[PDB]
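Okay, so here's the structure we're looking at.
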Amino acid sequence: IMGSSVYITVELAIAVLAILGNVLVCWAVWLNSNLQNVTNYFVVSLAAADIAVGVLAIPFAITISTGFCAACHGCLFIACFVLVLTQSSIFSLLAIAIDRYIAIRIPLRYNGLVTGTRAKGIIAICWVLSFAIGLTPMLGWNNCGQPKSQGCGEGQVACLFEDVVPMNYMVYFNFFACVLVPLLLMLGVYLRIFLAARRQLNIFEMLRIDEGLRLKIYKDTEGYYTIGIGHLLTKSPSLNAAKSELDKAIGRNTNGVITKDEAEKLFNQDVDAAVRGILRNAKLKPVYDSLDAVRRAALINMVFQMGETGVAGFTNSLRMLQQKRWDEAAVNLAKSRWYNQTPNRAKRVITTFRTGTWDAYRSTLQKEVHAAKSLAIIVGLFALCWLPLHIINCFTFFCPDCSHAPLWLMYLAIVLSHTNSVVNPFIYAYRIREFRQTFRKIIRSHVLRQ
Ligand SMILES: Cc1c(C#N)cccc1-c1cc(-c2cn(Cc3cccc(C(C)(C)O)n3)nn2)nc(N)n1
Ligand SMILES: CC(C)CCC[C@@H](C)[C@H]1CC[C@H]2[C@H]3CC=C4C[C@@H](O)CC[C@]4(C)[C@H]3CC[C@]12C
Ligand SMILES: CCCCCCCC/C=C/CCCCCCCC(=O)OC[C@H](O)CO
Ligand SMILES: CCCCCCCC/C=C\CCCCCCCC(=O)OC[C@H](O)CO
Ligand SMILES: CCCCCCCC/C=C\CCCCCCCC(=O)O
Ligand SMILES: CCCCCCCC/C=C\CCCCCCCC(=O)O
Ligand SMILES: CCCCCCCC/C=C\CCCCCCCC(=O)O
Ligand SMILES: CCCCCCCC/C=C\CCCCCCCC(=O)O
Ligand SMILES: CCCCCCCC/C=C\CCCCCCCC(=O)O
Ligand SMILES: CCCCCCCC/C=C\CCCCCCCC(=O)O
Ligand SMILES: CCCCCCCC/C=C\CCCCCCCC(=O)O
Ligand SMILES: CCCCCCCC/C=C\CCCCCCCC(=O)O
Ligand SMILES: CCCCCCCC/C=C\CCCCCCCC(=O)O
Ligand code: NA
């Protein structure tokens with residue numbers, strides 16, 4: 001068996017798996033409305049680039065592995081086309097990372113800023129930028145436009161990737177600026193996502209989950225100006241009047257904007273007032289005195305939502321809370337009008353009473369980042385599959401007199417880069433239930449017919 005035949009077979013097998021697997025990804029998104037979110041718009045765009053890897057880029061790499069004679073501009077397209085697909089993948093991976101950070105940073109206002117129309121515009125722009133970046137050698141930055149391989153006739157060059165694509169482009173422009181910098185930005189974004197889910201939980205973070213945190217002055221449900229965690233500023237219909245109240249409480253001219261620490265200090269003063277009002281109430285003080293620090297925060301949470309008078313009306317639940325009958329107090333509180341009006345917030349507060357822990361709010365944070373862990377794996381696989389080729393290009397560039405990397409390492413690094421166009425659909429099937437369920441439906445019904 002020829003050594004070339006095993007390289008062709010492996011490349012064609014990767015191409016088939018890249019097409020079939022990523023067609024299934026787009027097919028699943030088109031079929032399942034539950035998969036038609038903005039995050040999957042970039043997943044589809046990422047899959048579209050991987051489909052093109054198996055249809056064009058991999059056949060292109062096979063032809064230029066021979067170094068045949070061809071025109072300069074025509075040879076550059078065959079060599080630089082995969083640079084367009086890889087750049088579009090980087091933009092799609094960077095967009096997914098930023099999208100998931102917005103999802104955990106402003107989880108209540110995520111859908112107002114992140115829209116489908118905006119995503120399609122970003123995708124269309126990034127594809128234009130990917131062609132400009134990937135096909136930069138065709139616009140002049142090439143090595144076949146200067147008079148001087150030999151044995152091909154003039155106007156024709158030996159179509160080898162390292163012969164026609166400049167190495168300083170492959171290292172400075174492509175690797176350092178267009179690959180390494182986005183990969184490091186994606187690393188910091190995902191790190192920042194994971195740290196926010198691992199944040200310390202307290203009364204400030206609990207109410208931030210229940211009532212939101214806003215550092216800019218906004219209008220509440222009643223049209224009144226608010227800041228921080230539900231801190232009413234004024235009933236007046238003047239933002240200037242609200243800013244004057246905000247500046248009087250912060251101690252600095254804010255122009256309606258405050259820092260997170262100032263919102264925490266403002267919220268801390270609101271807790272002190274709610275605690276002062278609880279202690280002066282003869283119904284609430286005995287219960288509050290008996291509760292632990294966490295369960296006291298759940299009682300303050302109720303006061304912030306309904307008021308001391310409204311909480312004092314829970315005569316039966318308050319006595320069972322004071323008697324440390326957590327499970328009995330949970331059943332009683334669940335049968336209240338407060339539970340029916342806002343069950344999600346009530347269930348989190350009731351769970352706090354049962355356990356005395358922050359588990360209900362920790363689980364809220366963990367649910368917001370579970371998708372980010374799977375999508376972060378895809379970025380690491382992209383880095384793992386492409387960095388060997390980049391590092392070698394650096395060795396050839398910065399050590400010209402060095403011995404070039406051996407042929408088997410070239411074949412391995414190039415094939416490993418093509419393999420990355422296969423791994424993503426497997427990740428979706430293994431870690432995303434909605435993708436896995438649609439994959440099974442398409443396969444069992446549309447493909448296998450039964
Ligand atoms: C494109 C790219 C990106 C992107 N986008 C990012 C980093 C690096 C690269 C990249 C790619 C190729 C390449 C060469 N070939 C044809 C080929 C196939 C098999 C064997 C051979 C031999 C005989 C060894 O020359 N040649 N296919 N890709 N070569 C180099 N230095 N870098
Ligand atoms: C540590 C990482 C994140 C940043 C450093 C960039 C790395 C990837 C680049 C920058 C400089 C590069 C070169 C530094 C110097 C050497 C020596 C030279 O005989 C060949 C390559 C080689 C080995 C390069 C290796 C890769 C290289 C180290
Ligand atoms: C994250 C995914 C991990 C899975 C990916 C693992 C690494 C990629 C597989 C390489 C095997 C094929 C590499 C060898 C290339 C073909 C064999 C060859 O080199 O033949 C050329 C011959 O020497 C001259 O014609
Ligand atoms: C024609 C387009 C559709 C062709 C599809 C057949 C070709 C499969 C190719 C690549 C695998 C794709 C990535 C792996 C997806 C597997 C999903 C799956 O089967 O998961 C269900 C299983 O029951 C879990 O337990
Ligand atoms: C190899 C290139 C051709 C294969 C890639 C493109 C085909 C797969 C694309 C996505 C499948 C689901 C989207 C198709 C939309 C069909 C439109 C319609 O039927 O109304
Ligand atoms: C999955 C669809 C794409 C596959 C079909 C495209 C055909 C394959 C492309 C060219 C393979 C053979 C041409 C180059 C021969 C290389 C000669 C050599 O190995 O030295
Ligand atoms: C699924 C179908 C995929 C088709 C892949 C086609 C592969 C084409 C590979 C290179 C063929 C030569 C193209 C460049 C020649 C132009 C330069 C010249 O004429 O000198
Ligand atoms: C799925 C179908 C994809 C459509 C494109 C098919 C493959 C195109 C391959 C590259 C052609 C462009 C490279 C050289 C162009 C000049 C060649 C010439 O003019 O004869
Ligand atoms: C232009 C290339 C650089 C952009 C790469 C990706 C950056 C955007 C990432 C996706 C964010 C998700 C959609 C949010 C829409 C942005 C809101 C707006 O238009 O200001
Ligand atoms: C000679 C080389 C010719 C290069 C042609 C490429 C120029 C067109 C730019 C990108 C085409 C891919 C379309 C992707 C945008 C559709 C995504 C969307 O808006 O939903
Ligand atoms: C068209 C959208 C915006 C495009 C800007 C980014 C794409 C890259 C554009 C061209 C880069 C050219 C870099 C010039 C390097 C020196 C030229 C040379 O030495 O030959
Ligand atoms: C995706 C983000 C892309 C950012 C592109 C802008 C950054 C470009 C930075 C410089 C790269 C090239 C540095 C030296 C130019 C080559 C010198 C020459 O040969 O003329
Ligand atoms: C250095 C360039 C960038 C390298 C890739 C950057 C993306 C890293 C993203 C997250 C890594 C994978 C996260 C999966 C969690 C598994 C637990 C673990 O092993 O750490
Ligand atoms: Na890709």
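Residue indices begin at 1 and follow the sequence shown. Start at 1 and go down the list; that is how both ligands and their atoms are numbered. Only this structure's heavy atoms are used, side chains among them; waters, hydrogens and symmetry mates stay out.
The PDB lists the drug found at ligand 1 under the name etrumadenant. The largest share of close contacts with etrumadenant comes from the chain named in UniProt as Adenosine receptor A2a.
Counting heavy atoms within 4.0 Å, the binding site of etrumadenant comprises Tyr7, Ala61, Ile64, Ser65, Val82, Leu83, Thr86, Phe161, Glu162, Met170, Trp386, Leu389, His390, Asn393, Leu407, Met410, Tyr411, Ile414. With a heavy-atom cut-off of 4.0 Å from etrumadenant, the UniProt transmembrane segments of chain A in contact, counted from the N terminus, are numbers 1, 2, 3, 5, 6, 7. Those atoms of etrumadenant that come under 4.0 Å of a heavy atom in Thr86, given as number and element, are 4 (C), 5 (N). Atom 12 (C) of etrumadenant is flagged as protein-proximal [any protein heavy atom, distance under 4.0 Å]. Protein heavy atom closest to atom 31 (N) of etrumadenant, with residue, atom name and distance, is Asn393 OD1, 2.9 Å.
Scanning the protein for heavy atoms near atom 25 (O) of etrumadenant, the closest one is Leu160 CD2, 4.8 Å. Distance screen at 4.0 Å: atom 29 (N) of etrumadenant has a protein heavy-atom neighbour inside the cut-off.
Residue contacts with etrumadenant: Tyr411 is placed with no nitrogen or oxygen under 3.5 Å of a nitrogen or oxygen of the ligand (distance criterion only). The ligand atoms of etrumadenant that sit less than 4.0 angstrom from a heavy atom of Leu407 are 24 (C). Atom numbering of etrumadenant starts at 1 in the shown order; those under 4.0 Å from a heavy atom of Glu162 are 31 (N). Distance from atom 27 (N) of etrumadenant to its nearest protein heavy atom, with residue and atom name: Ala61 CB, 3.5 Å.
Taking the UniProt adenosine-binding residues of chain A and keeping those with a non-hydrogen atom under 4.0 Å from etrumadenant leaves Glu162, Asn393. Counting protein heavy atoms only, atom 3 (C) of etrumadenant is closest to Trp386 CZ3, 3.3 Å. Here the heavy atom of the protein found nearest to atom 23 (C) of etrumadenant is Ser65 O, 3.8 Å. For etrumadenant, the atoms closer than 4.0 angstrom to any heavy atom of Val82 are 1 (C), 5 (N). In terms of protein heavy-atom proximity, atom 19 (C) of etrumadenant is nearest to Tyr7 OH, 3.2 Å. Close approach of etrumadenant to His390 is summarised as follows: ligand atoms under 4.0 Å from at least one heavy atom of the residue are 6 (C), 7 (C).
Here the protein heavy atom with the shortest distance to atom 15 (N) of etrumadenant is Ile64 CD1, 3.8 Å. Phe161 CE2, 3.6 Å is the protein heavy atom nearest to atom 10 (C) of etrumadenant. Proximity to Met410 (heavy-atom distance under 4.0 Å) selects the following atoms of etrumadenant: 24 (C). Heavy-atom contacts of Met170 reach the following atoms of etrumadenant: 2 (C), 3 (C), 6 (C), 7 (C), 8 (C), 9 (C) (cutoff under 4.0 Å).
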